[PDB]
Chemist: 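Here it is, the structure in full.
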Amino acid sequence: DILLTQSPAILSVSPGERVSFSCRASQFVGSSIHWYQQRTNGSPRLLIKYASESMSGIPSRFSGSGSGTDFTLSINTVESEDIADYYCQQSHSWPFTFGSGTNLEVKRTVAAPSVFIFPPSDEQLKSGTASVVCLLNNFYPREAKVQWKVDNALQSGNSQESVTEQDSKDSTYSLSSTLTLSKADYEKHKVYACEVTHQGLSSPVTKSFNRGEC
Amino acid sequence: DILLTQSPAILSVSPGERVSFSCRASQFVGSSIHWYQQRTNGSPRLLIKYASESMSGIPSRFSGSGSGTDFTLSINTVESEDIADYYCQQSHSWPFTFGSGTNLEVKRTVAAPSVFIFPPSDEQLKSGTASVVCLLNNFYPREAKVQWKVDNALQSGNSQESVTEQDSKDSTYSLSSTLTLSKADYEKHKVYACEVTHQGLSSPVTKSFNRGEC
Amino acid sequence: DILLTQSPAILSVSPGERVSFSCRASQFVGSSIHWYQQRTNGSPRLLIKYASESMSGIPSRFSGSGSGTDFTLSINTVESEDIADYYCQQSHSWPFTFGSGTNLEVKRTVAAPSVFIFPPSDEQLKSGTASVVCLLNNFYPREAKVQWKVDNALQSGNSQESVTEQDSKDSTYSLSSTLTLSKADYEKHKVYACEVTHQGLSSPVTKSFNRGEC
Amino acid sequence: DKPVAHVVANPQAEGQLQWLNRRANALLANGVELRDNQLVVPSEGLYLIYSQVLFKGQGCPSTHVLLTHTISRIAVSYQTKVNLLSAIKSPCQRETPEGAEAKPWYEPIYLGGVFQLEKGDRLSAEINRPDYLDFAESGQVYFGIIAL
Amino acid sequence: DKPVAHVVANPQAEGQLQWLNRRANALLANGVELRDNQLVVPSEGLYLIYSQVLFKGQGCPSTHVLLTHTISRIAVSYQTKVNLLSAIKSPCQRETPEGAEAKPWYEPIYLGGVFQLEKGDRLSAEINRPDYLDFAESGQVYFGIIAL
Amino acid sequence: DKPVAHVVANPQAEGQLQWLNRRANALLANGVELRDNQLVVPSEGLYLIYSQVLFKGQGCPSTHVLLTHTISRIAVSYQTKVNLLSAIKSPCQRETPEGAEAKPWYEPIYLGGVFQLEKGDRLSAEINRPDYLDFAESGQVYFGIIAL
Amino acid sequence: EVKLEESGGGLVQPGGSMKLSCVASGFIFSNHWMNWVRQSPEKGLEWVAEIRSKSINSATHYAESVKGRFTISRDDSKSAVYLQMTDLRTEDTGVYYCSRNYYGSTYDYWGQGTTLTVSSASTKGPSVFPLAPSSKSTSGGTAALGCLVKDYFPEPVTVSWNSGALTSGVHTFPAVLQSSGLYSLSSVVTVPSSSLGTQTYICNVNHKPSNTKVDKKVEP
Amino acid sequence: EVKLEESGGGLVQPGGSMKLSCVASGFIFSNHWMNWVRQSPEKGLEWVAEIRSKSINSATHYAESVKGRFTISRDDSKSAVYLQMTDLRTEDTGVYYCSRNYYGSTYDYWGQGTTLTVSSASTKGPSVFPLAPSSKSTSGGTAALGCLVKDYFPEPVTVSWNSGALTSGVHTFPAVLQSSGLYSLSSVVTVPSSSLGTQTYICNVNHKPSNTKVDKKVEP
Amino acid sequence: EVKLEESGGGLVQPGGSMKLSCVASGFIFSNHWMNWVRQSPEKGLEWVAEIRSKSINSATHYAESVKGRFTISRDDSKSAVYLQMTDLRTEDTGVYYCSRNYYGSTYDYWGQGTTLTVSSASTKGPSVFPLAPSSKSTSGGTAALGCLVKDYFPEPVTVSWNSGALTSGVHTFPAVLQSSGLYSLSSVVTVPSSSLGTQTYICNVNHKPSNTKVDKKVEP
């Protein structure tokens, strides 16, 4: 039941450069190693078969090699359209097995997040609950910090964040931070602030609003 | 020395229908089974090779299958042109062997025999022998009974019958019945009758003649 | 380490005829025997591979056969352009080995040598040495005898001969005989004669010259 | 009577090479035990060790298709797996063209040799492709040892 | 001295696998008899049983061409034929194209194992294609047993 | 304790089949000697004799490519080489088309049988293509005999 | 192309049964080996079962982990493969892919997956709120609007915009599990302020496990 | 096409010898394996012998039943295969087919067979009588006429009509063995009464085993 | 074509080293197995070493006779193979051919060879004398002229005529070893007497082992 290791699990590379993915088998697999791309919200797509043979329709810039137990997938002149997880598969032994996958980030010039804040809809206030949503849009790299201050009071424990997978046209990420409150505590403060910091910002942007306005 | 059984030995099928031929090997033969057609007065003709691969020029309506020891030839939309014996052959073991063969009859609407009688030629009477010949022509199905009556005396022991193989254009048979007599006994009776019965006749036809007439 | 015998080592054949080359392996080599031509001042050229398969561009008149240990190369309608050494090679066993080679002479109508004599250059006489050169040009067959007589004195020990490989357009040979003398002994005789005998000459031709003349 | 085994494949097994101790023409006696699909040697000494697997595959996705067969030892002490006998076969050949349907093929492998074994040693006969194991008839897959 | 046989193919045979008892490097002694192309075991006990056939074929009409080799037992009592050892090989490959001439090929098969046999048991090593039997050199085809 | 050998290929050898007497899972004892790549039998008697070579080739210049494996005897008296066991395999197949790059392939061969040997007999296991010898892993190439 | 379409996923309690279906076109179906392969974040890609061609008899093969619980079958007539799952486990939870394996090698083609959630918790459709586009707070000249798709179970929900037309600018965030045990998520899009007055922006939230299908029109 | 033509059959006494010949065209003869295959009603189809290509040395193969009695050979120059039979047996009686086997598999092509009759009985040509077309007894408007081909040995005889031209309407009955030990048979044809007056109907009986060749003109 | 060009031969003392080079074009070099094969009159053709493809690791192979003394290598980038010879022996003397072996079978292609002379004797360039065309002694109407290329070491020298143009009529004799230990040889050509007055005849002798390069103009 052959085991496949893909380390490193993450790679991050400037456009134009060459990237290499590692796949190691715990035992001899001859050349029965195959490579796959899996884009966001996509199914796996076969790139190379038997270590080095590329499938048709697959860009020339993709190649593979290796034999015995050590194998490599290579993309040179990497481009954002290559942003994906990459898995290897062996078919030497039954049953067929897969590697854990390596993720590819194609780097980009720094890009600060465009920050937006959404006060909770009225329809949601009926039901006695307030969701306050801050949007950090299209920034690079993935490192950001969001902060909630309600009437300048720094929050804690009452927000959750969700980050997108790197975008394959413009190489950015986006993140949503949601502050959730009881319709009660909500109606007892006026000014809600989202305070985002990020490498592309010389000092933290903060968007805010006043409960019941505009 | 592998043995091949083809049972049933006879099959009989209405046009348009699908027929299936059985071939069973007494031992494993993998897929090394081949099928042949042999029309009347013809040599064997290879239809399918290795269980299921049809030869070119062979009509699509012919197919085969089977593996190990049980095999089948199939003709669907059978037509009279398919009237033949069919043999299977194995080439798994040396020496190569054949099945006993299955005969195909393609059925037809009932057809009563056109009866003809031939009095013995004079040239044959010289030599002191009389052959009286009754022809049952183009009937279906193959079951018929011929009777000889000489001066209304029903004969016994002194005739022989010969039936043709089913005709491949019109799906009929023909049968000849020959009454053979010494020029002596012949010249001592006047009226020779051939009395044929058959499914297509509501009552027996009989053709007859009078010795020395016309 | 398989040994290949090519006997006979020499073959000699009239144009148009068929020649056969022998190659024998000391052990089984299956059909892994290959044949090569090597013209004068040339590298080996592959003619046939695996006993009998001719390479493309190779004239149809070349064929091979044999299997196990006895093999043959055949040229029919031999022509002078076929003048070469022929080698066989086995690739059944490692390391690959070659036969000693068979030489092909394509016969020709008899041709007597055109004889020329060259007295030693002055430039060579400076340095105190005399090389006297006799040229037997374009004769067939290869058997010739050259003789030196200096002032009618038959020489011995002081000449060397060099013969060319058979010419592939005109099927002849040429031979040079060089009489070498000290500038001293040379200047002490007048008339140097080269006396060539050959099958195409009814009596020996002799070219001669007189020291210091013309 | 010497330590002896000759076990066979489990016909009613499941894309699996499972050794069966108890059939008509097999052996498990004189101290040899079958244990986790491994033959366990009772005493020390010289053993002949042998095995055959028969593969029936179908289709040739590539020339690179490999079949392997290997007999390995696990000493009581060391406790690590070592290959005693091992062979590899490439059953293809060509590459079934597509639109083309796959055709069956048969490849047997045989291993066998004599080795000094230790009491409590384990032995296993393993293949890489049990999904291609053919035991539709007897005598096709088997694992054995006798003490000499 | 234990019951022992190692017989070979009859070179002067005829698209036929015929076992020959008496040559230079063979054995037929200690009670084993050759009888109707079958080795007959004298006493009961453990036997090693082995065989090799070498096929030299020519041409590949189909991928479906099979070579088989099988050793079978016929017990005095039962009297029915049972396969002890058995392998199948598909030597083709591709399919010689037509207009194309057939090329030779070589395939060896080896069988061997240890079995409990009964006095008066018969053993046969049989192939499916004796027409492809190669014994143009010695050591290529052979059948054997020793009692241990 | 009976005359016994089980030697293996020299991994650090050189397009060469060189038998190594002294590794972890081999045998050279009880009078059998390794001598010029030949096993030398100490006493007379019945021996089981066996061998496996594994070839890893690359490319198929022709269908005619052959691999051979053969065990031969050289009696002290006669002094001439005789084949006891011998097999031939044709590993190709098709013919790599040109512009096409060569692909690897694996072929194992196994030989084995029992023979009456004489004191001072030499035995050799020889192949035709040592350049294709695969011993990148253990258990793949080996030569052996035991006295019974 | 070559298409694989699987379906029949959804929520089941532990111990339950569920049947999956896959329809194939674009190759000779009866020739090929059809597979199920599942994927989860914990376990990654995992081969589940294979059904080979007629010529092999069916020849079914199961992963050790589903042996005796799952049954693979095919209807060559319909170009269909099925996975009948029984005695379902929490771990069996994941996206299940129909896929062709090319005669024992590569996974040639994949469907788009269908999701199995094995869980005792009850279905619960989402409630969609509008994240309304601000006026002055729109880092001109680009506007941000969205839908809050809140408190639902189980995954997944699918959010559209303009019933398919509006693709660019859209970020539908990965769902997040709240301590309440339900899934929240937002889908945002960024657009021209210019088009705010003239264009109609609707999110089309769909949550099959509860037959919920909301169409929040989002506007200032 | 690809043609195989065999010849050289006929009657022989037990113990006798007879040589069969087959000429081939339409494939590279030297490449292929030529076979004899015989057929009898009792035994059906039975492979007799093979001769393989030059490349194999001849490589001859015989059925157990003819080993040591029959010899197969080829002349690649003439595209010919031969079967030399000696010490002939009653059982050896049958139709013998030249045939190509495709490199150890299928019988690719067959000749049209040649008949061997091994028997002590003596040759005897047939006597042909006319079965004359009746006048009023012709179920109008179709007429029946024939030839009685009586008392001959051994099989076969070949009956034609109009020396080849008249094919349709013709039934040449299977020969029948009379107690006298000889073969009788009739060949009938059915024709338009209309053409009775204008058309000429001749049967062309031929019996090679006795060099008999009759041409009965049949008329009222 | 497909070209192989080897170089780097010449004289070395026993024990010395010398590197040979071969550049290839006209096939995919990285795919193929490159070989050195040497040839001598005594020993004939002798395989020396092979270097196989990347895919095999290099896989180097040496003849028993050069094991441990010679090293074969390749630079797939340059389409080059090398033979580094060390501890050279007299016997190693010969013409060395670069050559491709086709995947363990045939020697597909050969260079034109480069000569190794292992010897203690010292380099020595030739002195070229003219063999001047006679006047009356020219079996009219054909004239014979030449160059004596005398006392040199080691082999070979290459003699041209008209710096390439004059090919027909030319016999450059096999070199001969004089007792002095040096090589003499003549190159003759036969021409029209007619052209004697109008044509210019130059021999271009070249002896790389000594950087000698003479151009004797030959005339009456």
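Letters A, B, ... mirror the listed sequences (proteins, then strands); counts begin at 1.
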Chemist: What drug do the PDB records list at chains A and G?
Modeler: infliximab
Chemist: Help me with this one: what macromolecule has the most contacts with infliximab (chains A and G), named as in UniProt?
Modeler: Tumor necrosis factor, soluble form
Chemist: Other chains near infliximab (chains A and G) with a heavy-atom separation under 4.5 Å: which ones?
Modeler: D, F
Chemist: Which residues of chain D does the epitope of infliximab (chains A and G) include, given a heavy-atom cut-off of 4.5 Å?
Modeler: D:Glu14, D:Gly15, D:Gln58, D:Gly59, D:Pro61, D:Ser62, D:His64, D:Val65, D:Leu66, D:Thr68, D:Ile88, D:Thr96, D:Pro97, D:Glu98, D:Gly99, D:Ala100, D:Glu101, D:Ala102, D:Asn128, D:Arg129, D:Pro130, D:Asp131, D:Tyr132
Chemist: Working on a figure here - which residues of infliximab (chains A and G) are within 4.5 Å of chain D, heavy atom to heavy atom?
Modeler: A:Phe28, A:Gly30, A:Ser31, A:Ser32, A:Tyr50, A:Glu53, A:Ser91, A:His92, A:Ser93, A:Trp94, A:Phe96, G:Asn31, G:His32, G:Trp33, G:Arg52, G:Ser53, G:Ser55, G:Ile56, G:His61, G:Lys67, G:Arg100, G:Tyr102, G:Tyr103, G:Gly104, G:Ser105
Chemist: For infliximab (chains A and G), what is the UniProt domain of chain D harbouring most contacting residues?
Modeler: THD
